[PDB]
Asker: 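Take this structure first; my questions come after.
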Amino acid sequence: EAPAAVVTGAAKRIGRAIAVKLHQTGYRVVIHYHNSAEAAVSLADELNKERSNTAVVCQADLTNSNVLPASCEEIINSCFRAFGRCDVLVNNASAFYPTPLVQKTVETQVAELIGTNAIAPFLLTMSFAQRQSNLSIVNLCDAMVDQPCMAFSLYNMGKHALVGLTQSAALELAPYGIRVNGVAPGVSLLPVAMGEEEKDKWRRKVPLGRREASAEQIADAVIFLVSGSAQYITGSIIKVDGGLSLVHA
Amino acid sequence: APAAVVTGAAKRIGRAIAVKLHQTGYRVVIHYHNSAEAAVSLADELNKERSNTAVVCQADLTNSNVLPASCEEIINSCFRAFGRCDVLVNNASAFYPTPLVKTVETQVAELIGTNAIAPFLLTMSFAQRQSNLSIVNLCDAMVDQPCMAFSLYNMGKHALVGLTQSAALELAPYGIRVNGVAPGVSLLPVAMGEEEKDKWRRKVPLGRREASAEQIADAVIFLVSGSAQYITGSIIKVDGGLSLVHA
Amino acid sequence: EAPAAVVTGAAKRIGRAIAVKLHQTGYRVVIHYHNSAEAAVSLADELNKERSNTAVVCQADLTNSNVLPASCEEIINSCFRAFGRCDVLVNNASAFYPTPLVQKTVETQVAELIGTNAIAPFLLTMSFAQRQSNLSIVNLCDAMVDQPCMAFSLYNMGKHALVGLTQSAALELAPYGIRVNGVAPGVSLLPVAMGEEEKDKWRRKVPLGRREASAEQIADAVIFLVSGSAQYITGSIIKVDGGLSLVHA
Amino acid sequence: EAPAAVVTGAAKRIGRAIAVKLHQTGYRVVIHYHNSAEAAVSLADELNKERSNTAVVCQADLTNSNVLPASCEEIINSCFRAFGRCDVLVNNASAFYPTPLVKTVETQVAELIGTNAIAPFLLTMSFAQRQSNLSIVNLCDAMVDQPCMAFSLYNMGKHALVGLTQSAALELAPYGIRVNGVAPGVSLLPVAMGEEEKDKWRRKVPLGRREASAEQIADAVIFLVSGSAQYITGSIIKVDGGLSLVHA
Ligand SMILES: NC(=O)c1ccc[n+]([C@@H]2O[C@H](COP(=O)([O-])OP(=O)(O)OC[C@H]3O[C@@H](n4cnc5c(N)ncnc54)[C@H](OP(=O)(O)O)[C@@H]3O)[C@@H](O)[C@H]2O)c1
Ligand SMILES: NC(=O)c1ccc[n+]([C@@H]2O[C@H](COP(=O)([O-])OP(=O)(O)OC[C@H]3O[C@@H](n4cnc5c(N)ncnc54)[C@H](OP(=O)(O)O)[C@@H]3O)[C@@H](O)[C@H]2O)c1
Ligand SMILES: NC(=O)c1ccc[n+]([C@@H]2O[C@H](COP(=O)([O-])OP(=O)(O)OC[C@H]3O[C@@H](n4cnc5c(N)ncnc54)[C@H](OP(=O)(O)O)[C@@H]3O)[C@@H](O)[C@H]2O)c1
Ligand SMILES: NC(=O)c1ccc[n+]([C@@H]2O[C@H](COP(=O)([O-])OP(=O)(O)OC[C@H]3O[C@@H](n4cnc5c(N)ncnc54)[C@H](OP(=O)(O)O)[C@@H]3O)[C@@H](O)[C@H]2O)c1
Ligand SMILES: CC1(C)N=C(N)N=C(N)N1c1ccc(Cl)cc1
Ligand SMILES: CC1(C)N=C(N)N=C(N)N1c1ccc(Cl)cc1
Ligand SMILES: CC1(C)N=C(N)N=C(N)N1c1ccc(Cl)cc1
């Protein structure tokens, strides 16, 4: 009776807020994680305290490799194993770090940045569709893909490829009743490693409130796109950026 | 309760928007141009649900020397009736072909005046008269793959995307968010024949579902809600995937 | 015979550079102007000294009004009266000034900023098509239309509408063999009234050389689009912005 | 004195036209190829008959793998070894075939994302590291936002190439390297395709109801590498006869 969702990178930050808000809406959740085992299990424990048997964890590395298709098939399979269905996929996990063009091996950088941001979403989409209502996939995009950060070529390529996937999968999966959309943050929760001065630099750029989005504000757009209020929406990407992408240099 | 202005609210998409805002708890101004009977019938229905929660406002939104005063009056009607104006929905729109190969300047006044200049003037008036404030502009998901011989209409819809972006930036400091909803094929022109309507329906990837005014209104309701408090300068397509479909 | 071109706002600045470059390519030109009669006649004199009977002037206000259609018809007629043909239309004339949303009448600002930037290009395009080899129209667009200057709503609306005209006219006129394209500068010749301090702030934003485009660099892109090297190009807008539109806030 | 350029997938079709027009403009050329050795050598012999010692060939698979970075470094090095300089890189090579959501999938990923995006990335890195008018031109696709059904990996690769074009234009602009794209709509159609199917495509094109020639695509590439485009970076020129403007 209750629908079920997979959220990638759901242990912390935006993915956690998405998983929590889906669970609040009535979903059973698969909390995917890679390194954040403690936080994953903690979250599943909390959700299960709320409604028993409504949350599981699933560990996987989403770096590209010849075994990534099996890892992605396993994530989707974990949903069916736990809940007997899989109604929603949220592709949220993402590696992010600079890859300067002018001077980990570069092949590892490609595997991680293109794998987590683009290839794992594609394979997760394949596995979701093959295993199949209000079914839908939501991809976490980037509102700044056309005004990218200096020296983040590979990350930017991965996020552009994720827009292409959102469009192509929305076209191809529409006859199966699967809607595919994206949510594109601008600045939301800033990197843990970032200093306060640098954080404030980014905050001051945002027209609407001179502040970053909360994780919950991003989650609210995901909730809309999976909801019955979005059943004619497919192939759309909703920027949640407080106006940041409108701001010239 | 908060209050909303919906332009072109007597029929079709704008009526669906007005109904859903009302259902969410807003008081509404139902703007109309030629559709007085329909506007009053809707206000009658809404007032039966909650009395003195819906009023009507007549105005022609063709561009002219008097359009700024007309737009000011629409916003003023909200403040008079309700003491505030939280939401502006720019939905009124003229649509018809203007082949390159009514005088042309009347077509300009109507196509560019209703789809762009009236939204601009209403935005200025709404901002000047100022919570969760926001404006939602009814855009068009096919602005970059336009209908043949619809130059002026397409120019007006592009101008409305520019207004969306420019107004979002400039009003962000006032806490006013400005967003768009871009339908694809929704309620077809009543005029349009049935064979041509079916031809369109067949091209929609999600076309197993019918397009409805309610679906458009649902996107409007999200963007005015507290669930969209960080969203400004965004246009949400509601087109069933149609804009993805190559020739 | 030599082909002929109309260039709007061609007395000074970018429009003059486009006229000169088309003239040096072998075109006969109509130099449209509004207020700059001395500069317009002076340019026509210089071009006619290089090749006799190859340049005329044509005066017109391109503000929107009930007479603008006739003014636009007359510009195109001027080209056919002087030269017997009209192969190229360059829509360069443009008004630009702030129109703040929160505080000339506003209806005047609308007439000027939407008239010169969008309605007069539409009417000129209608007249050019109706009066009809390598025929094309080039619209001077703006590379920063999606990252606009604060308080320039009406200017921005008119430049967006010009993108819409570029696309719509390309689609509709393709069957008649008329191509319609745009050139979108970032920062090129800065306003004459701008102080050097302010000019430098803009220059410093430009990735490629930290300087504005020369008028000739903009004209080079126009010359390509009218040439036989662009014979399959229609509905395209070429940014000529040194990377400015890629730079985040 | 003469500048030099690397063109990937240069033995046939669009890449061959680009190589010829660059040579005609006065460049020395590296003709990269993967499987089309006879055609690559035929072109290099033609070009060298026109002007001695102006064309070489370089073979490489541009599928993604652990050796792809070395391969791409070797292609750029081939230009420096042959000509002493490398002024232009044209990322033209491309795999294209359907990958329906409903060869192993990881081979399809390596091929479609490697040739269309990762090789251009690695070649761009190699080009920039090794450095009058330097530029890179990436062959994009005007239909990236209205994609052919069941081509998700190809479309993801071409979108990633738009991101590379923008990100590389921004990062390389301080070194005076410009990075731009040319996005065909329908140009030379696949060799297998029957005329009836080719005509279905041709009839969709507003401007002339025909596909672009390879030379038409090449002309946009020649503009972007020229002195006439010295302020243009991060731009992608659609060469598509209006095709992308046509609704369903
Ligand atoms: N935060 C923003 O300002 C912002 C801006 C633009 C776009 N976004 C997008 O929104 C989504 C959420 O952002 P966020 O800041 O919450 O992300 P985040 O904290 O940087 O990362 C999300 C999760 O990704 C997982 N991840 C990283 N590498 C992985 C790998 N190799 N295999 C599997 N999982 C891996 C990590 O899981 P473990 O912790 O379990 O290792 C991580 O917690 C991301 O897609 C991001 O690109 C965010
Ligand atoms: N498939 C679709 O329906 C579709 C597709 C794309 C975009 N849209 C956009 O969505 C919005 C609503 O669509 P719709 O089909 O419901 O619109 P519509 O029925 O065609 O027109 C809505 C209202 O516009 C008002 N209007 C027309 N000319 C006017 C003028 N000179 N002054 C004042 N009002 C005027 C009319 O009000 P009166 O009846 O009171 O005179 C009309 O009822 C429009 O902005 C439209 O462009 C709709
Ligand atoms: N310059 C830049 O950095 C830049 C950046 C982005 C876009 N652009 C676009 O590129 C084009 C050329 O730029 P620019 O700086 O050379 O333009 P500009 O000097 O600001 O204006 C060009 C001409 O427009 C004509 N004009 C102004 N109002 C008019 C009216 N009411 N009726 C008829 N003509 C009118 C004027 O002719 P008279 O002098 O004869 O009165 C003026 O010389 C414009 O479309 C502009 O928007 C330029
Ligand atoms: N033709 C069109 O209509 C059209 C439309 C849109 C975009 N484009 C783009 O324009 C470019 C030229 O198009 P085209 O039709 O001439 O291309 P094409 O003939 O399909 O392919 C170009 C060359 O790509 C090379 N290539 C394929 N797989 C490779 C691999 N694993 N490693 C190295 N090289 C490989 C091949 O070289 P070998 O022959 O030596 O093996 C092939 O000759 C492509 O980027 C394409 O995506 C073309
Ligand atoms: C690093 C972080 C948080 N994480 C991912 N996965 N993607 C981003 N875009 N991020 C991000 C990077 C820089 C800034 Cl300023 C904001 C968010
Ligand atoms: C004022 C000027 C020169 N002129 C027009 N018609 N359009 C612009 N965009 N301009 C412009 C405005 C600001 C800057 Cl910074 C550069 C050019
Ligand atoms: C196969 C071909 C020629 N080759 C590549 N590398 N890319 C494309 N986009 N192509 C293409 C595919 C279909 C059509 Cl209709 C036209 C060109």
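Chains get letters A, B, ... in whatever order the sequence lines come in. Residue numbering for chain A follows the PDB entry, covering 2-104, 114-142, 152-268 in order. Quick note: numbers on chain B are straight from the PDB entry, i.e. 3-103, 114-142, 152-268, in order. Here chain C follows the PDB entry, giving residues 2-104, 114-142, 152-268 in order. In order, the residues displayed for chain D correspond to 2-103, 114-142, 152-268 in the PDB entry numbering, which applies throughout. Order of listing sets the numbers, starting from 1, for every ligand and every atom in it.
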Asker: Would you mind finding the main macromolecule in contact with ligand 5 and telling me what it's called in the PDB entry?
Answerer: Pteridine reductase
Asker: Can you remind me what the drug at ligand 5 is called?
Answerer: cycloguanil
Asker: Mind listing the other chains that have a heavy atom within less than 4.0 Å of cycloguanil (ligand 5)?
Answerer: A
Asker: Tell me which other ligands or ions sit closer than 4.0 Å to cycloguanil (ligand 5).
Answerer: ligand 1 (NADP nicotinamide-adenine-dinucleotide phosphate)
Asker: Below a 4.0 angstrom heavy-atom separation, can you tell me which part of A:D161, side chain or backbone, both or neither, approaches cycloguanil (ligand 5)?
Answerer: side chain
Asker: Using non-hydrogen atoms of the residue, decide whether A:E231 is closer than 4.0 angstrom to cycloguanil (ligand 5).
Answerer: no
Asker: Looking only at distances, please establish whether an N/O atom of cycloguanil (ligand 5) is found under 3.5 Å from an N/O atom of A:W221.
Answerer: no
Asker: Under 4.0 angstrom from cycloguanil (ligand 5), any heavy atom of A:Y98?
Answerer: no
Asker: Under 4.0 Å from a heavy atom of A:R14: give me the atoms of cycloguanil (ligand 5) that qualify, with their elements.
Answerer: 3 (C)
Asker: Which other-chain residues or nucleotides lie under 4.0 Å from cycloguanil (ligand 5), by heavy-atom distance only?
Answerer: A:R14, A:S95, A:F97, A:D161, A:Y174, A:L208, A:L209, A:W221
